[PDB]
Amino acid sequence: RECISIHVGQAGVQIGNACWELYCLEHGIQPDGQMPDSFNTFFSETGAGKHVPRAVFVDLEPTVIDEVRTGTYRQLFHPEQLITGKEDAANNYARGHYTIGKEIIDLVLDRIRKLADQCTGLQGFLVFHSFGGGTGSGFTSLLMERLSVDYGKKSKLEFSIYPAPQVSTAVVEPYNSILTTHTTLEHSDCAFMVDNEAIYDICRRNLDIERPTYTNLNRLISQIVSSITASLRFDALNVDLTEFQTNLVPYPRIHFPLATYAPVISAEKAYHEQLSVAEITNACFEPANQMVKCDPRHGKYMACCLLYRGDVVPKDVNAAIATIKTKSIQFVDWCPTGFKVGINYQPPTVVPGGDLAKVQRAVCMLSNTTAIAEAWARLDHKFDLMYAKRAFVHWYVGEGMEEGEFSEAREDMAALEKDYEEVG
Amino acid sequence: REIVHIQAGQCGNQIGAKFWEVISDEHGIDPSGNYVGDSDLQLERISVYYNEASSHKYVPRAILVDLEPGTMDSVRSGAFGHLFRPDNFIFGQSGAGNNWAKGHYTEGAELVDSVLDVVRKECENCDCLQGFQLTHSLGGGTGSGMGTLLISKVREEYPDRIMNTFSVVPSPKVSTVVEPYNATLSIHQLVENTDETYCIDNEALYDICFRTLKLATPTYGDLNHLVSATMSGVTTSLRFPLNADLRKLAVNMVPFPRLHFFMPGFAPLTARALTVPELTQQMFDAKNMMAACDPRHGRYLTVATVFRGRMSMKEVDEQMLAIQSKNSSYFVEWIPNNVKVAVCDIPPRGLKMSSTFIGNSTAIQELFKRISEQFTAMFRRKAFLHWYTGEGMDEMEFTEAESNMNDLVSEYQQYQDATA
Amino acid sequence: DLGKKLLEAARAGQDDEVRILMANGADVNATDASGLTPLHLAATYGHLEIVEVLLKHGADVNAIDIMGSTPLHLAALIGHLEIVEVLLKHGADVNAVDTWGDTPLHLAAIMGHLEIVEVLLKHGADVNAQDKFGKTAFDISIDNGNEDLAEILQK
Ligand SMILES: Nc1nc2c(ncn2[C@@H]2O[C@H](COP(=O)(O)OP(=O)(O)OP(=O)(O)O)[C@@H](O)[C@H]2O)c(=O)[nH]1
Ligand SMILES: Nc1nc2c(ncn2[C@@H]2O[C@H](COP(=O)(O)OP(=O)(O)O)[C@@H](O)[C@H]2O)c(=O)[nH]1
Ligand SMILES: CC(C)(C)c1[nH]cnc1/C=c1\[nH]c(=O)/c(=C/c2ccccc2)[nH]c1=O
Ligand SMILES: [Mg+2]
Ligand SMILES: [Mg+2]
């Protein structure tokens, strides 16, 4: 039951690097594919013992993927599944979607088909990309449109980097974010947003890093991705991509679960006291541990999954949940108040060059809360400020896009925010 | 990847030769094209400005143009004069005599095809051309008149490429009285045909040397020393690895296509070590601007700053955040997060710490009003118009240039007054 | 017509031809279609010897063209310092106002001819003279940030 991971643009590629770095360590696969199988969902096996990720890396310029081709994992991936153009999208969604992106889209789909043809029962795709980049936004939306046509019954899941000014390199990222969300909403089944500012604060407050790098952010992001995808790579809950939709998305447009992760401990605190199931469960309802800055106390929950990893006894989870039920988290009246629970008994893994301490118990909570609409409103407000003066719009109109798509996208967002308000 | 550099006229070739001197030293290229530098980072982006030749020589991707022959002798006898490709020298034997019409329609138009033949050649050797940078003055005849013709012709042939200019604005402090004519006619072309124009104001350069540097009689070498420092810092982000090309930087700097004229600044200003608070403060100080405009008289649409040297990026973030919040009213509120910062570990020559400011400010209208007022004083009296119309120009071209110029001014004011 | 030829000779700096044309009776105060005289043209194009020759033989130093320009307006605009001095010596009206409300001081200020500014001030240029938009020469110097001009005008 195979899953293909696709990584688009700089953010998507570099987070892909971290994710597969963690995957290999968690499964005992060396950087050359050799291993001294549940993970066959994510790795094919050649007739020589080589375990190869079912993964594609795509960018419109070469320098980020060129590092994959020469780095520690230069022999892990299919070389033909590392695909680059020459001229990037210049932080312009229109270029990623309409002009530059179409020069390479057919090659990317033919290479994905090569992976797909090696699958006996393809479940679908995991797509990693930024909101703010021209490629992460434009080429991802183009790829999703094409994948829905060519793989009509396959699921598509998203890991999407929500922009933050602290590490932002483009004033137009609010445009690209709204444009890509408008054209992707129909084609994505479930999308896990990661707010760069949330990861930034965690690295500063929990890991004691003054100026977090992209490497620091990405090893922390890969830890949350890994806890989310472990059910697909190991043996109960969220066993296939469709089950993500069943458990987390009762309402098809409201498909943006909030991820919360605990504990996050600095590697300098190797001998920290070990937190109990109850303590790490309690930490899932502390806003400091959320992947998106918002306030679930002012929202309503539509679904809630708890994915535990490590030395975790089910009765201790059940007692910890009982506390949570009877102590201001509100569910909507049309879904079960219950909490779905997955337990992976493998100890959580940490990259040797990482900033995290080893922990005996970890948990990632995935909750579909209307409170995440606050993150949409922040982006939409920044969109409105610029578009009211038509600032930067000429760059997009000159690259194969019509100006009416701006307001068509913004009206979709307004309706999405309306969907959150009606449910909440 | 590659940038194609064109320098036209006396000013264009003089500040161009200085640019190539500065960044050759920064990259470890000697006057014979050999790499003699220490750091491997000097070569990572060497191909942006240099072609790697047969015997491993590094040759500037530069084209040298003038209607006056003596300009090529002067550059060639320079320290890096014999490093330029000899066939990239395109010179006439007449000169334009500070006549825009001669540069644009007669003498220059007879020479433009030769320049384009060399442009075409350089572009064919490029793996992935970013675009073009032009150095020239607006107040003469060749750099302004032929330079803008070259811009339009290059625009026609390579429309999907970025065109940036370093354009020297005339001032009576460093001056003939037809320079406002030439500059107005040139600004008219720059508005339509360039993606980014760095406004290098001789009025500002003289003032800096005369009043800040206390140079009693500033020379062109004094003025160009500030120009070579500004051009080095402005191109640092492209010569030492952000993941951003000329187009990515234009997309972030130009909210409206006509308003692409930048005020450049530099700190420290010296003649021939600051802290981070001092770099940040001086960078935004009106006295450090290379355009004679007061930024406190307008509002910033976008700002880029490039810090160079080994410093605390923690401190840089903090200093850049306060200079925004404490001067919050000077940055337009309808472009969120419109001030971007980058740091480069390698400092310029002779300094351990420096910073370069790039402002897209509505206060630039003060420069355009100053030119327009001079243009109008002359044009009202119709002084020396036959000099221009004798080369085939209609008088309507003058009125159209004045009108577009004042339209550009009114556009800046509209966005200066715009509210959220 | 010797008047047309005198106008062209004065514009082009044909000193010998100016003398021959006047010896045949050329009107020293001839006008072209817009009312410019040989003195206006010699003053515009920097031909000092011809300015002095014309003034010596009955040229009106304060003649105005259709736009109200005097020879001093044009000399102050173009920046010919010696000619400004010669015209003031022969009675040029330092405060002549043209049809845009400009005085010689306005034009010298606008074009940055600082030595001429000092000469016009010494000869009584009116620092309060307003153009049609209400600007004095000091307003122009503050509006355009010309500090050197502003302190000259404040002396
Ligand atoms: N967490 C994380 N965020 C990144 C990374 N790289 C970029 N981001 C952000 O992504 C946004 C910029 O998008 P990029 O992914 O670099 O751009 P791109 O997809 O390559 O598109 P173009 O370069 O414009 O062609 C900004 O918000 C960056 O902060 C990364 O490695 N990790
Ligand atoms: N800052 C600076 N300005 C110059 C230089 N050389 C000439 N200029 C200026 O350029 C203008 C004259 O244009 P110029 O380049 O000499 O004539 P061209 O050869 O026809 O392009 C004047 O405003 C001069 O002040 C120089 O080296 N540095
Ligand atoms: C993040 C940072 C500060 C690098 C930035 N963000 C948007 N703009 C810039 C800087 C520039 N923006 C530009 O447009 C630029 C223009 C340029 C570069 C090389 C040669 C000629 C012009 N040079 C720059 O340094
Ligand atoms: Mg990119
Ligand atoms: Mg010249």
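Throughout, a chain's letter reflects where its sequence line sits, starting with A, and its residues are numbered from 1. Ligands are counted one by one from 1 in listed order, and the atoms in each one are counted from 1 as well. Atom set for the values below is all heavy atoms of this structure, side chains included, hydrogens, waters and symmetry mates excluded.
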key: Drug ID at ligand 3: oxycodone, deoxycorticosterone, plinabulin   = plinabulin
I'm curious which macromolecule has the most heavy-atom contacts with plinabulin - what does the PDB entry call it?
Tubulin beta-3 chain
Original post:
Which other chains lie near plinabulin, in the sense of having some heavy atom under 4.0 Å away?
Top reply: B
message: Could you help me out with the residues around plinabulin? Anything with a heavy atom closer than 4.0 Å counts.
response: B:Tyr49, B:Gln133, B:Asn164, B:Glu196, B:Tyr198, B:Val234, B:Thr235, B:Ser237, B:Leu238, B:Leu242, B:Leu246, B:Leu249, B:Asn252, B:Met253, B:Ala304, B:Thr305, B:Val306, B:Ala342, B:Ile358
Under 4.0 Å to a heavy atom of B:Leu246 - the qualifying atoms of plinabulin, by number: 17 (C), 18 (C), 19 (C), 20 (C), 21 (C), 22 (C)
Any N or O on B:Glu196 sitting closer than 3.5 Å to an N or O of plinabulin?
yes
Notebook entry, point to check: What protein heavy atom sits nearest atom 16 (C) of plinabulin, and how far away is it?
Noted result: B:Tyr198 OH, 2.8 Å
Taking only heavy atoms of B:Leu238, which atoms of plinabulin are found under 4.0 Å from at least one of them? 18 (C), 19 (C)
Handout entry: atom 23 (N) of plinabulin: nearest protein contact (heavy atom, Å)
Key = B:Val234 O, 2.8 Å
In plinabulin, which numbered atoms sit nearer than 4.0 Å to a non-hydrogen atom of B:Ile358? 11 (C), 23 (N), 24 (C), 25 (O)
- Among protein heavy atoms, which lies nearest atom 25 (O) of plinabulin, and at what distance? B:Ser237 OG, 2.7 Å
Below 4.0 angstrom from a heavy atom of B:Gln133, which plinabulin atoms are there? Numbered from 1 as shown, please. 20 (C), 21 (C)
- Query: Considering only protein heavy atoms, which is closest to atom 22 (C) of plinabulin, and at what distance to one decimal place?
  - Reply: B:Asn164 ND2, 3.2 Å
Where is the covalent link for plinabulin placed, by residue name, number and atom? none
What protein heavy atom lies closest to atom 12 (N) of plinabulin? Include the residue and the distance to one decimal. B:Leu249 CB, 3.3 Å
Margin query: Out of curiosity, what organism is attached to chain B in the PDB?
Written below: Homo sapiens
Q.
Suppose we measure from atom 3 (C) of plinabulin to each protein heavy atom; which comes out shortest, and what is that distance?
A. B:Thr305 O, 3.4 Å
| request: Measure the distance from atom 4 (C) of plinabulin to every protein heavy atom, then report the residue, atom name and distance (to 0.1 Å) of the closest one. | output: B:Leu242 CD1, 3.6 Å
Cut-off 4.0 Å: ligands and ions near plinabulin:
none
Atom 9 (C) of plinabulin: nearest protein contact (heavy atom, Å):
B:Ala304 CB, 3.3 Å
